[PDB]
**Q** 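Here's a structure for you.
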Amino acid sequence: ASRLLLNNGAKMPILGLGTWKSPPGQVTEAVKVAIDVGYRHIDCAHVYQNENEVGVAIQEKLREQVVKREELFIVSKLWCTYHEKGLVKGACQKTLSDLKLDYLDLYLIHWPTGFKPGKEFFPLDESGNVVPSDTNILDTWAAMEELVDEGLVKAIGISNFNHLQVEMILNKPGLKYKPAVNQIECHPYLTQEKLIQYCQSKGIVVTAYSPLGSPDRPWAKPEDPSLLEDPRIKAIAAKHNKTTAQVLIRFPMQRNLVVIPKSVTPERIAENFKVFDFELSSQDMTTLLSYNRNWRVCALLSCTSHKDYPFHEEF
Ligand SMILES: NC(=O)c1ccc[n+]([C@@H]2O[C@H](COP(=O)([O-])OP(=O)(O)OC[C@H]3O[C@@H](n4cnc5c(N)ncnc54)[C@H](OP(=O)(O)O)[C@@H]3O)[C@@H](O)[C@H]2O)c1
Ligand SMILES: O=C(O)Cc1nn(Cc2nc3cc(C(F)(F)F)ccc3s2)c(=O)c2cscc12
């Protein structure tokens, strides 16, 4: 509808605002505008290095009595350098301190790969390989469950897990909480049908990231594929008298996914919200699904030999 139910009974807004690459100097105004426009879900992470500034916006709007806390669905994520069981609570509390909140709605394992603990987000050796840590997804999951038990987070989940990694959590001895959500890259050029079918079949809500193809990702080249400029998608938009962004946001919604487009531009933040008053046809949905090229925006070559690297599997 406009929300999907999670395994804890919470209603997750199907549309949220993404914050990766939203600079600290611009993000506060972006989140204020988004809340005004009607977004009730913000996707955050410690590695985005902007949680303080998102927190400022949230507090402004709570103080303005625009929203109360219970009407917001705030997501953040545990960065790769904090997979050690003993570091998880501190990481969560730092995020909470930065966001100026007392709890998160959802806290995710950001990637299945643990990285060497320390002050660098991407610890590299002298040949530029990311340095891994002696951590594993099951032990980290156990530490995530403690956060629920402690009341710091309402729901926990995973991000960028392949179907075997999801399976490993579900099959964990002594599992206490099933993951609520798996947040994965999803757009017409990477449709993920098998992994979505798997996750949904298992009662895990899927959130689609990079739904516009992340045209501002820092490793994009001007010649790379571009969803917003794909003339085939432009045609589908024109037929509905919508923008290509609206089509791209609507597409995951009709697959029963949560979607989290990012913008720091007020006009676009508003534009991107106007997706609840039209429907893509069956033909439109099939056509968009047929553009799948297994083209992935978010992967790092410097991690491909990690034991937990998620993208060697078919799904
Ligand atoms: N879990 C993970 O590992 C992971 C990985 C990637 C992303 N994510 C999450 O998913 C969110 C969304 O993915 P993303 O940031 O990679 O990219 P995205 O949402 O696919 O694309 C954002 C880009 O599209 C532009 N844009 C947005 N609305 C527009 C519109 N209506 N017209 C034209 N251009 C438009 C933005 O420009 P402006 O901002 O300048 O307006 C920005 O350059 C992230 O911010 C983050 O919250 C999670
Ligand atoms: O992690 C995000 O949400 C987006 C993101 N994505 N990436 C690309 C990444 N790919 C991976 C791949 C892995 C893995 F699991 F495949 F090894 C782990 C961490 C990363 S981060 C970045 O380099 C980066 C710098 S700040 C935010 C990012």
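Position 1 is the first residue of the sequence, and the numbers go up from there. First listed ligand is number 1; within each ligand, the first listed atom is number 1.
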**Q** According to the PDB, which drug is present at ligand 2?
**A** AT-007
**Q** In this PDB structure, which macromolecule forms the chief contact with AT-007, named as in UniProt?
**A** Aldo-keto reductase family 1 member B1
**Q** Could you walk me through which residues contact AT-007, taking a 4.0 Å heavy-atom cut-off?
**A** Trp20, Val47, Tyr48, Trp79, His110, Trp111, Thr113, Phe115, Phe122, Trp219, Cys298, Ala299, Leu300, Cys303, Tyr309, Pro310
**Q** Quick one: which AT-007 atoms are inside 4.0 Å of a heavy atom on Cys298?
**A** 6 (N)
**Q** Just to check: does the deposited model tie AT-007 to a chain with a covalent bond, and where (residue and atom)?
**A** none
**Q** Mark up the atoms of AT-007 that fall under 4.0 Å of a heavy atom belonging to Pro310, in ascending order.
**A** 14 (C), 15 (F), 16 (F)
**Q** How far is atom 8 (C) of AT-007 from its nearest protein heavy atom, and which residue and atom name does that atom have?
**A** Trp219 CH2, 3.4 Å
**Q** Distance under 4.0 Å to a non-hydrogen atom of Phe115: what atoms of AT-007 satisfy this?
**A** 18 (C), 19 (C)
**Q** Based purely on interatomic distance, does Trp111 place a nitrogen or oxygen under 3.5 Å from a nitrogen or oxygen of AT-007?
**A** yes
**Q** Just wondering which NADP(+)-binding residues from UniProt for chain A are within 4.0 Å of AT-007, heavy-atom wise.
**A** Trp219
**Q** With heavy atoms of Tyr48 as the reference, note each atom of AT-007 found under 4.0 Å away.
**A** 2 (C), 3 (O)
**Q** Where is the nearest protein heavy atom to atom 24 (C) of AT-007: which residue, which atom, and how far?
**A** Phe122 CZ, 3.8 Å
**Q** Which shown ligands and ions, other than AT-007, have any atom nearer than 4.0 Å to that drug?
**A** ligand 1 (NADP nicotinamide-adenine-dinucleotide phosphate)
**Q** Considering non-hydrogen atoms of the protein only, which is the closest contact for atom 26 (S) of AT-007, and what is the distance?
**A** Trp20 NE1, 3.7 Å
**Q** Would you mind pulling out the UniProt substrate-binding residues of chain A that have any heavy atom less than 4.0 Å from AT-007?
**A** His110
**Q** Hey, which atoms in AT-007 end up nearer than 4.0 Å to a heavy atom of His110?
**A** 1 (O), 2 (C), 3 (O)
**Q** Using distance alone, determine whether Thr113 and AT-007 share an N or O pair under 3.5 Å.
**A** no
**Q** Quick one: which UniProt active-site residue in chain A is closest to AT-007, and how far is it by heavy atoms, to 1 Å?
**A** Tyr48, 3 Å
**Q** What source species is given for chain A in the PDB entry?
**A** Homo sapiens
**Q** Taking 4.0 angstrom as the limit and counting only heavy atoms of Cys303, give me the atoms of AT-007 inside it, by number and element.
**A** 17 (F)
**Q** Identify all pairs of nitrogen or oxygen atoms, one from AT-007 and one from the protein, separated by less than 3.5 Å, and list them with distances.
**A**
| from | atom 1 | to | atom 2 | distance (Å) |
| --- | --- | --- | --- | --- |
| AT-007 | 1 (O) | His110 | NE2 | 3.0 |
| AT-007 | 1 (O) | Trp111 | NE1 | 3.0 |
| AT-007 | 3 (O) | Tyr48 | OH | 2.6 |
| AT-007 | 3 (O) | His110 | NE2 | 2.7 |

